[PDB]
Amino acid sequence: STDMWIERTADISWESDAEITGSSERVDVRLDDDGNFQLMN
Amino acid sequence: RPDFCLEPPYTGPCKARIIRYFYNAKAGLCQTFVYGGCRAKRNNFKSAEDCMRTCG
Amino acid sequence: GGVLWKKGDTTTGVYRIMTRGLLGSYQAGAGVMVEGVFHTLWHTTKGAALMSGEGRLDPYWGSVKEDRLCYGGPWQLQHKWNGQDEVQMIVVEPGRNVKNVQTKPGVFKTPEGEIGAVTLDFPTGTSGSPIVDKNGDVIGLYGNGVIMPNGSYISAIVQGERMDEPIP
């Protein structure tokens with residue numbers, strides 16, 4: 001067997017009344033071979 | 001015991017929730033912490049037994 | 001930098017990826033089921049098989065480097081952020097009902113090129129939550145990002161091209 005399973009929890013939809021937050025700055029990064037992002041590029 | 005048994009637990013930069021175990025000297029025993037899925041350090045074990053066997 | 005290779009339920013939708021600890025059952029992450037395929041980030045399951053209802057789901061394709069993984073078939077998501085509009089993340093937080101949040105993506109400037117990114121800091125276990133554009137199409141997933149020196153968390157909008165259709 002496996003150690004993990006999945007359970008549907010919602011539909012894929014946009015919510016017009018969704019809260020708005022977060023900023024949109026530009027950041028210089030590099031993607032290493034481990035699939036992880038590194039700063040300062 | 002290995003030196004990395006002294007390093008503090010490290011969650012990492014990813015957002016998965018993987019309960020792992022780390023050795024806490026102050027407590028002399030192993031405790032659970034949330035591992036994020038990436039950049040794991042050595043003081044990170046899948047079970048309390050494995051953690052104690054290595055850092056006990 | 002990738003790997004190829006009873007059938008479980010594949011009802012379209014947003015899912016929670018669960019697992020069991022020696023002391024209880026909990027949410028490790030999330031993902032999205034689209035066109036019979038389950039998409040999530042590589043680091044949530046590390047390519048392990050998953051139970052879905054009565055059946056099992058085996059990984060089709062995955063890439064550590066890209067931190068992407070799909071089950072039951074090739075990657076079906078193909079919508080990308082247009083670098084202008086605001087987007088919405090379908091927050092699948094452990095122990096909480098799904099809620100959508102809107103934001104204006106920022107950008108990850110990489111040697112290869114630019115990647116959309118959102119400055120949203122949600123609890124651990126939300127990796128795999130989809131991000132959708134105006135038409136409700138998945139343009140990427142949340143979870144693979146960086147921890148900034150000021151305590152900020154920025155996640156890339158992880159997305160890939162559709163594996164079924166040609167590129168050109």
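Chain naming here is simple, since letters A, B, ... match the order of the sequence lines and numbering starts at 1 in each. Side chains included, hydrogens not; waters and symmetry mates left out as well; all remaining heavy atoms used.
- By its PDB name, the drug at chain B is aprotinin.
- In the deposited model, the macromolecule with the most close contacts to aprotinin is named by the PDB entry as Polyprotein.
- Other chains with a heavy atom closer than 4.5 Å to aprotinin: A, C.
- For chain A, the PDB entry gives the name Polyprotein.
- Ranked by heavy-atom pairs under 4.5 Å with chain B (aprotinin), the list C/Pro94, C/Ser155, C/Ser129, C/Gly21 is led by C/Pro94.
- Most heavy-atom pairs under 4.5 Å with chain C, from the set B/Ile19, B/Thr32, B/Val34: that is B/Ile19.
- Listed in the PDB entry as the source organism of chain C is West Nile virus.
- C/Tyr26 touches chain B (aprotinin) through its side chain: at least one heavy atom from C-beta onward sits under 4.5 Å away, while N, CA, C and O do not.
- The residues of other chains having a heavy atom under 4.5 Å from aprotinin are listed as A/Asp32, A/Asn36, A/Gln38, C/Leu22, C/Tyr26, C/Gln27, C/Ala28, C/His43, C/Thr44, C/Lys46, C/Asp67, C/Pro94, C/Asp121, C/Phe122, C/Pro123, C/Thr124, C/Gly125, C/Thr126, C/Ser127, C/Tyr142, C/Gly143, C/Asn144, C/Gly145, C/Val146, C/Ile147, C/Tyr153.
- Under a heavy-atom criterion of 4.5 Å, residues of aprotinin in contact with chain C are listed as B/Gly12, B/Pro13, B/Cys14, B/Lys15, B/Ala16, B/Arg17, B/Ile18, B/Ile19, B/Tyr21, B/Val34, B/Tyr35, B/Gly36, B/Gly37.
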